[PDB]
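Entry featuring Flomox (open form).
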Amino acid sequence: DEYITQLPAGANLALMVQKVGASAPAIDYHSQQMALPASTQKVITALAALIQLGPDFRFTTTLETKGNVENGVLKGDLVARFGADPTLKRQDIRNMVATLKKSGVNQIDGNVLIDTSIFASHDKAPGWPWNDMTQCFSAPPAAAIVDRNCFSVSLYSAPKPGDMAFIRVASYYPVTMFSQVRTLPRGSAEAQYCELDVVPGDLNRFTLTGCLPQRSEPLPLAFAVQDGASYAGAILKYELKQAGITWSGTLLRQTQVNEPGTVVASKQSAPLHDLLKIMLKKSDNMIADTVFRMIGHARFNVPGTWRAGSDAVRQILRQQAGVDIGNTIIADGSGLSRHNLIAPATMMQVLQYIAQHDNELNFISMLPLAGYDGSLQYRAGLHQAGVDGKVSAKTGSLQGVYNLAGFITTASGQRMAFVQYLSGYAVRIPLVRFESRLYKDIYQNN
Ligand SMILES: *C(=O)[C@@H](NC(=O)/C(=C\CC)c1csc(N)n1)[C@@H]1NC(C(=O)OCOC(=O)C(C)(C)C)=C(COC(N)=O)CS1
């Protein structure tokens, strides 16, 4: 009430603070008003994941044979069955292929199948901004992921202005780069409104367009792979050839559910509890979103889709956590989607459940701890409020958005849950002053 005055009038605050297990809140300010959660969405994802999949779930990738092996020759298909493992690396594919060879397969009399049947429909959630789709933080969290589905490129201006700027990319990235970038003389009138753009095409083609001012060093750029299956296929095909394995057929995608072949090689991710800790400490969208469609797959035994994920999380929260989210909209796991819409009061029910079951979930220890390595290592409001070491909370940050959801231990040692949904802060002083006062008050007055 007094605090709100610290913020620009352009800003929208919805805030709830409640003692763990209490029937009534200590602070309740527009707590039923629905807001964009951004990355605080990951709290709900983590909880739904632990309940549905459990802390010991591991993502799985396999090479399977369908057919008889005669004289080093597979009579049939090689199936590379991807499982949305966010942490799969090129070297892992190389290792599985080394294992395939070692098992006695030198030749495939058949097709190489890139099986993505674990998932179906689009690899991008509803409500994701189109313009972010080429950025690594928003890379499609496909069934087929290798080195996070992100690659990097160097863009060099041409020595003579008007000449085409040129692109260097490492041999080990199966992408196709084209440049239509005009190098501008220093001081060109064109430089103010001529954009430098990336335009993705089919089969992991990328075209760079527009203008680049003459510059002395290359411009480093990182892009998201748009077609994870094709990318993973191309890497597998490279690794097969290097290991001297030949095949007569072609690389085909397999999207339809099917019975597994004989598993000849496999890679499993770290256990889910480990991945959810990375996810919560780093706000890792890819772990959040692979987990999210995995939940739907697991709950309903269908290829995982965004809709299946949303229905499953809603159900898990209602039936296992006794939280009816009502009119909340859950669109993804990471909070990237602009369709995600939730009130502090609803997220409070989620936090209350977590605090009440924390000896079981080992959840709170996974959230960023204020003043320690993580997203809250130094958040000036919290530091100045004197609450380093006292707040465990998930951030949700965007231009003009400063969300915080989690727990604080007060001066008297009571634990309080809080949801701070604060947006349109297009107007780092008013925010600091608000949070310094607010968290200082909660800590010392409870
Ligand atoms: C959580 O909010 C995540 N990002 C988003 O949700 C975004 C939009 C959702 C509506 C978003 C749009 S554009 C963009 N880059 N993200 C993840 N959160 C963060 C992060 O912590 O926020 C950045 O600000 C901070 O670093 C502090 C919170 C001040 C510490 C991640 C870091 O950003 C990356 N790209 O450097 C991962 S994305």
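All residue numbers given for chain A refer to the PDB entry; the residues shown span 24-450, 459-477 in order. Whatever order the structure lists them in is the order used to number ligands and atoms, beginning at 1. As a basis for the values below, the full set of heavy atoms in this structure was taken, side chains included, without hydrogen atoms, waters or symmetry mates.
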Practice item. Look up in UniProt the name of the chain making most contacts with Flomox (open form). Key: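 The chain with the most contacts is D-alanyl-D-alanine carboxypeptidase DacB.
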Review point. Which atoms of Flomox (open form) have any heavy atom of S420 under 4.0 Å away?
Key: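 Those qualifying, in numeric order: 2 (O), 22 (O), 24 (O), 28 (C).
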Review point. Please state which protein non-hydrogen atom is closest to atom 9 (C) of Flomox (open form) and give its distance, to 0.1 Å?
Key: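 Going by distance alone, atom 9 (C) of Flomox (open form) is nearest to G358 O, 3.1 Å.
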Review point. Relative to Flomox (open form), which UniProt active-site residue of chain A is closest, and at what minimum heavy-atom distance to the nearest 1 Å?
Key: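 Going by UniProt active-site residues and heavy atoms, it's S62, 1 Å.
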**Study point:** Structural part of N308 in contact with Flomox (open form), heavy atom criterion under 4.0 angstrom
**Key:**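 The answer is the side chain of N308.
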Point to revise | Candidate with minimal heavy-atom separation from atom 17 (C) of Flomox (open form), of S62, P60, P391 | key: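 It is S62 whose heavy atom sits nearest to atom 17 (C) of Flomox (open form).
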Practice item. Report the nearest protein non-hydrogen atom to atom 21 (O) of Flomox (open form): residue, atom name, distance rounded to 0.1 Å. Key: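 Sorting protein heavy atoms by distance from atom 21 (O) of Flomox (open form) puts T418 OG1, 3.9 Å first.
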Practice item. Scan the protein's non-hydrogen atoms and note whether one is under 4.0 Å from atom 26 (O) of Flomox (open form). Key: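 Within 4.0 Å of atom 26 (O) of Flomox (open form), no protein heavy atoms are found.
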Check your understanding: Relative to Flomox (open form), is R361 under 4.0 angstrom through side chain, backbone, both or neither, heavy atoms considered?
Key ->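 Answer for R361: side chain.
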Review point. For atom 29 (C) of Flomox (open form), what's the nearest protein heavy atom and its distance?
Key: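 The closest heavy atom on the protein side is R459 NH2, 4.0 Å.
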Practice item. Determine from the deposited structure the residue and atom in covalent linkage with Flomox (open form). Key: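 The deposited model shows a covalent tie to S62 OG.
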Check your understanding: Would atom 32 (C) of Flomox (open form) count as contacted, meaning some protein heavy atom under 4.0 Å?
Key ->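 Under the 4.0 Å cut-off, atom 32 (C) of Flomox (open form) has no protein heavy-atom neighbours at all.
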Review point. Where, taxonomically, does chain A originate according to the PDB?
Key: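 The entry lists the source of chain A as Escherichia coli.
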Practice item. Quick one: look up the protein heavy atom nearest atom 7 (C) of Flomox (open form) and list residue, atom name and how far away it is. Key: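 Result for atom 7 (C) of Flomox (open form): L359 CD2, 3.8 Å.
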Check your understanding: Can you tell me the protein heavy atom closest to atom 16 (N) of Flomox (open form) and the distance?
Key ->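 Checked against all protein heavy atoms, atom 16 (N) of Flomox (open form) sits closest to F160 CE1, 4.0 Å.
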Practice item. Would you mind running through Flomox (open form) and noting each atom that sits below 4.0 Å from a heavy atom of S398? Key: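 Every atom of Flomox (open form) under 4.0 Å from some heavy atom of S398: 30 (C).
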Point to revise | Closest protein heavy atom (residue, atom, distance) for atom 37 (C) of Flomox (open form) | key: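 Protein heavy atom at minimum distance: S306 O, 3.3 Å.
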Check your understanding: Which residues of other chains have a non-hydrogen atom closer than 4.0 Å to Flomox (open form)?
Key ->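 By heavy-atom distance, those would be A61, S62, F160, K305, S306, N308, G358, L359, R361, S398, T418, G419, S420, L421, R459.
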